[PDB]
Amino acid sequence: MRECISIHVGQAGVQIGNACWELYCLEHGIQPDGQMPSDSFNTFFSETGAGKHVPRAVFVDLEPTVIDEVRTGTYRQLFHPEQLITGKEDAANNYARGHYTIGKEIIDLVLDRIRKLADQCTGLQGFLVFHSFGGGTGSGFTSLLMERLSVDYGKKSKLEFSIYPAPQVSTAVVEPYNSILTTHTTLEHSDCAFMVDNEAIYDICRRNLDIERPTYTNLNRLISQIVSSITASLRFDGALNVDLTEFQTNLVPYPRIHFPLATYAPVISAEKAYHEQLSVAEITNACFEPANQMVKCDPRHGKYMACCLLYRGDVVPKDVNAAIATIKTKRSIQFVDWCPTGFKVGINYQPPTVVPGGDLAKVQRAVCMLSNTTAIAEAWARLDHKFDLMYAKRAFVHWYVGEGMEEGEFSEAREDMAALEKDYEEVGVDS
Amino acid sequence: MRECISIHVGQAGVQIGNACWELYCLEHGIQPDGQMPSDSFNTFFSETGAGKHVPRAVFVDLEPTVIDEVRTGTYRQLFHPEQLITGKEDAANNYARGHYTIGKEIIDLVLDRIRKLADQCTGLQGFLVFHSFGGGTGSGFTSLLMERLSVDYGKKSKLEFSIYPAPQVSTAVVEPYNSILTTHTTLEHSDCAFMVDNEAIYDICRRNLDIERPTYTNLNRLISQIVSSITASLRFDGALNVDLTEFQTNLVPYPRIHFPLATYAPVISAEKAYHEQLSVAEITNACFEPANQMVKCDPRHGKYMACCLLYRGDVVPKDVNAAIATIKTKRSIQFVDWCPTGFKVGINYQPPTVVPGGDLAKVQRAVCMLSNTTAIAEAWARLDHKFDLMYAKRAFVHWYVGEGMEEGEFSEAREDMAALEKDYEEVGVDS
Amino acid sequence: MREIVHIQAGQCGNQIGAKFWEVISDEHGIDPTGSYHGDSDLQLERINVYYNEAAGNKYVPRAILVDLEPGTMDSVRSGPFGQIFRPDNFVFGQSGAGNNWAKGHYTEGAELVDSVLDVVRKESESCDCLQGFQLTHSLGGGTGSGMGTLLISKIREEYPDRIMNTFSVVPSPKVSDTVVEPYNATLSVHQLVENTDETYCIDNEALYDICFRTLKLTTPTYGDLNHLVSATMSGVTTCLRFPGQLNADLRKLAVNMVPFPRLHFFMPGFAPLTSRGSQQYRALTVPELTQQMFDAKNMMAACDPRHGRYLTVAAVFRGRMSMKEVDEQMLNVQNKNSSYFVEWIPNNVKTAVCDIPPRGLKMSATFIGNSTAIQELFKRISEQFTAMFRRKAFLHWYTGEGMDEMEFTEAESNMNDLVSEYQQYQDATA
Amino acid sequence: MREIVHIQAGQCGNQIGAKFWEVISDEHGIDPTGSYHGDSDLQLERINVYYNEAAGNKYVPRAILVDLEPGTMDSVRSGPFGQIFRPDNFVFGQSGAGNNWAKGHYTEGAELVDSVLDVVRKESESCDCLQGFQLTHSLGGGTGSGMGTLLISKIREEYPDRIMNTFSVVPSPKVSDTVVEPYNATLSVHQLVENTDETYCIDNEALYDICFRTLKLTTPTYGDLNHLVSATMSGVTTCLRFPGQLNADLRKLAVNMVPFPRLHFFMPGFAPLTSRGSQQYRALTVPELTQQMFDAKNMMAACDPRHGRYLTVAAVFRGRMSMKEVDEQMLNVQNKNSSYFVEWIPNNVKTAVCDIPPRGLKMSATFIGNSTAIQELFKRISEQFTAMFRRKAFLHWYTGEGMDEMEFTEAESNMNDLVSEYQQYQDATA
Amino acid sequence: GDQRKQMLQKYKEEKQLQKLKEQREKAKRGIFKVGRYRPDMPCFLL
Ligand SMILES: CC(=O)O[C@H]1C(=O)[C@@]2(C)[C@H]([C@H](OC(=O)c3ccccc3)[C@]3(O)C[C@H](OC(=O)[C@H](O)[C@@H](NC(=O)c4ccccc4)c4ccccc4)C(C)=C1C3(C)C)[C@]1(OC(C)=O)CO[C@@H]1C[C@@H]2O
Ligand SMILES: CC(=O)O[C@H]1C(=O)[C@@]2(C)[C@H]([C@H](OC(=O)c3ccccc3)[C@]3(O)C[C@H](OC(=O)[C@H](O)[C@@H](NC(=O)c4ccccc4)c4ccccc4)C(C)=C1C3(C)C)[C@]1(OC(C)=O)CO[C@@H]1C[C@@H]2O
Ligand SMILES: Nc1nc2c(ncn2[C@@H]2O[C@H](COP(=O)(O)OP(=O)(O)OP(=O)(O)O)[C@@H](O)[C@H]2O)c(=O)[nH]1
Ligand SMILES: Nc1nc2c(ncn2[C@@H]2O[C@H](COP(=O)(O)OP(=O)(O)OP(=O)(O)O)[C@@H](O)[C@H]2O)c(=O)[nH]1
Ligand SMILES: Nc1nc2c(ncn2[C@@H]2O[C@H](COP(=O)(O)OP(=O)(O)O)[C@@H](O)[C@H]2O)c(=O)[nH]1
Ligand SMILES: Nc1nc2c(ncn2[C@@H]2O[C@H](COP(=O)(O)OP(=O)(O)O)[C@@H](O)[C@H]2O)c(=O)[nH]1
Ligand SMILES: [Mg+2]
Ligand SMILES: [Mg+2]
């Protein structure tokens, strides 16, 4: 049937993949050793040997410490040894190192592994790519790999779950350079890219989950929950099923605008679940609140293009229709005039599952919300302003130049980014 | 059906709200943890979880002491954790601090909670606000909240329960400033405002209940009994039901005169209950004595404009009619000539319940009386006299001015209060 | 949440601070080693107002130890409750003011102020929501007065919106412990009238009188007076630490007690005070507390309230009692003594009730009064200053530190204007 | 996998290297005899970064001992941890520079540099994936400075793509340990500015200040100073040996902290630092560590960062923590000190977190700063150089080995250019 | 008496003027502190 291939690159991609695959083994009742203790999960797990299920995942990094941590973890006997590919020296937050110097040393091996994994598939539907913009290995290698995949396959859909840089929180100094370069070279090779902010998830954890020490594990668990909600329609059956192609058909109005934002609901703690009844209307309402979006940008500053709603568990279509209508009548949010119908819905019977020792309460229904809106133009402008600030004096440029990048690439990326902002402003004007 | 939302602001509001909610839970047989040990109370309680009831209450204060006392007490698991909103620094008996400097920091959060609670409601008809005039956060945040609610809704009713300053008893030096400022601000936003006097309640407990140590618990229990008698028509069915809108359409003849007086009967001790066979006629009589009033002002000094009677328990309509007729023929009290019919009567089946550990005996009939009279004019005049005494020398003015309030606001409030006195004296002249 | 930074300077400040911290620690059940050994949850519920929780269940008071000589705080450190303080907060010089305002304000204060402000900043940024500052010092000494005014000025510049509270030992009317105390007192009031939110004045002579007449103590020492002052401070700040039936913090007291910015000098008092033998013959009731508070003999300042009229009065009751009785006693006091209250202010009394009893008795009460009779203290100090200033006695000691006579004239003029304001505010004019 | 070659030259280099190797062996559970005796698998999973594996579980450090005199290494060998080093790595001459840069760079260094290079090549052949080189020396000495500059020159000519880190001991501002110190310092910076990827400056006076005022050490010796330097050395490269949430190797630090090739001089720091008695008076949290990082008194170089503007900052944390707390703390530092960071570099701070804390500590953090205030150190050294060069004092010692005044002029011109660049990068121009 | 009052008046102006001059340069750069991070209030759809 329909199958999906997942790729995790860099430290962020690898760790989010660890969380995702733990959740996946939990939901389908698969032990960490690959043996089921008691079948629509063949989309993600392939049957090899006698009752052993091997996930369809590829883990790539140019630095061996995180993959070595994976190889010695609880899921050591889960992944095929050849899917975990490692280098020797990381990109060191340098896009040129991960694109031109170090990436080209193992790109062929990564492509060979992906091809070998895909040839077995009969109904392959797309690729899932997890990475981060600010990273060197992340951005550089994902750009190179996406370009190679688009050259090779083209027709197959390709989806990203990237970590957008936060407006204030940062862990690197050369973040704008890599971010701009990778979005310039990725813009024409992608179909849909869901982005999250570490700062927004920190705020979600503090305000809703009442967690004062939100380590990376909690953020990765939330992102894994979003990905699981996205892929539930493939992994189960529902009153309204949505596959991967419909996402890009309904959320992407123009080829250069494929940057939706992903939220989730309900994000509540265990103690507060008793005092709240989790109805479809209230979670649908909460999905549109600016305080719940997991990108640090205000939706009220722009207008929505398209919206996608995915319901899990105890959900009845009439109430979903009523909630959507109520949202539409509300004037607090705004929609573009050239999009009279801006909603795509999906309903699935399987309720969300709770990882033991986690932080989310047990609920009978949940919502995943994806929105393509013009509010991200402000974030793009902020990134471009940082780029201009750091480029007027040629700061850090020699590091990139010494690895094989010509100085003209920075200018080309800046002009392409300006063009994208102009597109975002031209599409934001009613007729 | 029809629902109500209760708002408690300030120390006095929070304490009276705690007493009222304990009484409500006891009346309906709800355990402090929110469960039920065995259905018309959906007006105040919302069903959630597996047979758990969450009251429709919002608790606001700018200091954490009393709210933390509530969060630690016996009812810690009854209230929704997000419904108890708390600041960091209190107003400190400063109207300007509660209205301009500190109130603006959490007014948005309070309005969010109010809107979230109202959205859950299908037939919401009004809000209940508890506060005190003398306090800083009480008066200031009440005026700000009523301004915001009137802007937001406008058409829904907004009742008030306020602690009118006592003519002799005082616990603050800047009470007249706060009282005048809050009255000027809220005169054009409150549909109706019932008031009680701490001094009069002290006198009632001393004379009737035979208590010499009446801490605020007894006063709050009396006020809770009054509010229970008011809302019994919503919470229980009876021979003649009275809604919240009926109060304002029957008691308020002009938009600037909405300050009725609340009493209750019978108020007796357990030892004296056995020697008095209480009946409808004599409780109706007892509701009219100046000594039984809960505001320290003589009704005989003024003229009645409208009276509301609320009966609960074993009550026969014919006896009510006879008692009201006898009261009308009595010439010791006076009515305005332009109001030939000045009585509204309601009867409820459910008798009052006695809280264990309380100081009131068990009776099968009780009366709550609300009267709009011109006798409050002298109290208003006394407040104006105190304000004038304190304003000629600009005492404590710098405290208000340093928080952004202009000096002309005092003059505007004084002129408005003078206009109110003019209106009260003009409406009290027969023609 | 609402938290207070405590600073003490000079010998008197350090001694009263040590006694006050011992009082607070006993009240909250913290042993000298700093480990909580209490028996109630309310002791820990609001421990953050005064203490910082360190690793291993230890509590460090939020205090700063300031002095120009090392003897006093060396004695404090070597004594009991010396290991409880953080050693880094002990800030000492090496020269000493020598009972000289100029030497403590211009010559050594300038060197020590940078270090003390660095420590104050380090303490304040670690706070969550600062409520205000509190200072313990005197007016008759050199380092105490000079460094206290310097620190008050610098902190007022740094934090203009916080609350500044001072407990100052003003000079005694009859016996003087220094020959140059009028100079220091005047030069310190010249700064207190402008840079302090509110100030409580306590006299050693009134304390001696209280111990000898009320407590029937044969040989009162400085420990007893520091005990009384510490009890007063705890009573004042009790509404921040325990839940109350009607509660008031520092800012509420300031709002209700300072009608005009230049009149914030109060006279504190405590009730009940009784001897060991006379406790058996008296009943602890609210009327007894009220009658003891409004007693001229019971005031902690050597000024008679009957000479002037009260402006505002604050009574912070502690324990379990009925607010009806409190209100009736306040009414009785206002109506009986209607000749001692200003006409242009109704409701002269502000009342607060803290549920938890003081450590000790069942009931207690603290009294803070803002009376116009305190102008007599200022007038007497002005008379002594001018009697010593025409002859220019001891003036070279001050002018040798860079000060000039213009500063003395300005301070005297400001203090006389304050006296005139306090005097003329006894006019009803209505 | 990434491996690091360690070299130490001169007395200062040899002493700091011995202390560093004791620290490293203790962290990895290696006894002085070279046999693993740890209690965790993490101490062995990445042991090949610093130690080679010999036959029989014995571990040999990948270190090289170089000196022009045998006294210091004879002391090292006869002392403890002297049997871990391979005897073939001890290379020495018989003359000694005698605090003469020319002697160690042109006359004595030329004889030993071939042997040192031979040992370096032999060590690097056994390495699987070289990460770079690290070198410990002192600028103010003869053999240290001369041989260190010569070795960096030779290796940079050999492996230009690798990473060079040197932990230099720059001269102090107040008291100097050698008369000809300016000469050697200037001639060494002339080579460091063009042959080194990144350099950390260390001042003995800053170390004495930290020891006396923070550690409360009455008699600090050179052992304590080397202990502190070794702690910083271990903190820098912790991310190569243990797993963590956010990793960062040497190349990442070099990219994030070197905006222009000629500005690679940093000021290191460590936290926490407390005495034996005061550690019970504070909690162990992330904000206290952040306070200790950005403390000018905690810097390990005698340069005040308040006098300049930071270019980039690196914070490397160790231990179980929360990323949100770290990020909010760094944000607060950046916004609240907005005046001390350059406007044309947004997000001046780079962050790394490692899971394994130092043995016996809950958490630790290392601070590395690229501040323009180092220009004051360079300016001072250049000023002393010029003042001693007009009179041609002590010049005949250096010119008697082959050097000429043109080399000195080139060195002073280069230092002036570097100071000019550092000053010019404090201009907004926007 | 009037001349002495004028001398006092002059002294007061000079004092305040050096105070403003002293505070002018002090507020230019600032001071080094750390404190804690203070979260911003959430935005709402109201
Ligand atoms: C035998 C007995 O039970 O006597 C009581 C007592 O209540 C009496 C005698 C106490 C006692 O105080 C004195 O004798 C005294 C002597 C000189 C100066 C001041 C007081 C007592 O010390 C006071 C003490 O009070 C307390 O419980 C509080 O802890 C007290 N703190 C301390 O005494 C203290 C001393 C050292 C270190 C830490 C705390 C306190 C008082 C007010 C506000 C806060 C705390 C108690 C039990 C008594 C004695 C022991 C006799 C009194 O104390 C106060 C300040 O309330 C004296 O005035 C009251 C009258 C009381 O009847
Ligand atoms: C109960 C407790 O905390 O004991 C500590 C201790 O008291 C203190 C004062 C230690 C102690 O350090 C010093 O006294 C000291 C003296 C001069 C220079 C530097 C340190 C300690 O020696 C240091 C030692 O720390 C370690 O063991 C670290 O792993 C450290 N290793 C060594 O110092 C070491 C010593 C001998 C041989 C090999 C290593 C380390 C630090 C950073 C990076 C790698 C290793 C410990 C537990 C203590 C003592 C013993 C008193 C401190 O050590 C450090 C840098 O962590 C000083 O600052 C900390 C704060 C600690 O509280
Ligand atoms: N949400 C989340 N973000 C992460 C996680 N790990 C890393 N990141 C993000 O990644 C950014 C740092 O760049 P990395 O993705 O680690 O770069 P890299 O993939 O390691 O590639 P190199 O820098 O060349 O080693 C940070 O800004 C983080 O926001 C994670 O576990 N969860
Ligand atoms: N009936 C009754 N009145 C109360 C009670 N508690 C406080 N009050 C009244 O409240 C007045 C004091 O002002 P508060 O209501 O406490 O002021 P606040 O709401 O806390 O606002 P702030 O001034 O900022 O503290 C007193 O004069 C009392 O009349 C109570 O429990 N019952
Ligand atoms: N040397 C010195 N003496 C002081 C200082 N402050 C006050 N004094 C003197 O101490 C006397 C009383 O202070 P003290 O006995 O400590 O006050 P008490 O014990 O709290 O009542 C005053 O009259 C002052 O003259 C100071 O800072 N230094
Ligand atoms: N921190 C530290 N510094 C040292 C040590 N030994 C020497 N130094 C410094 O090194 C300088 C002397 O240089 P030195 O190495 O003796 O000259 P060289 O032998 O010719 O290289 C002096 O200024 C000392 O401050 C040490 O063990 N620790
Ligand atoms: Mg990496
Ligand atoms: Mg209050």
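Residue numbers start from 1 in every chain, and the chains themselves are labelled A, B, ... in the order their sequence lines are given, proteins ahead of strands. Counting starts at 1 for both ligands and their atoms, in listed order.
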What drug do PDB records list at ligand 2? Taxol
I'm curious which chain is the main partner for Taxol (ligand 2) in this model - what does the PDB entry call it? Tubulin beta chain
Can you list the other chains with a non-hydrogen atom under 4.0 Å from Taxol (ligand 2)? D
In the PDB record, where does chain D come from, organism-wise? Sus scrofa
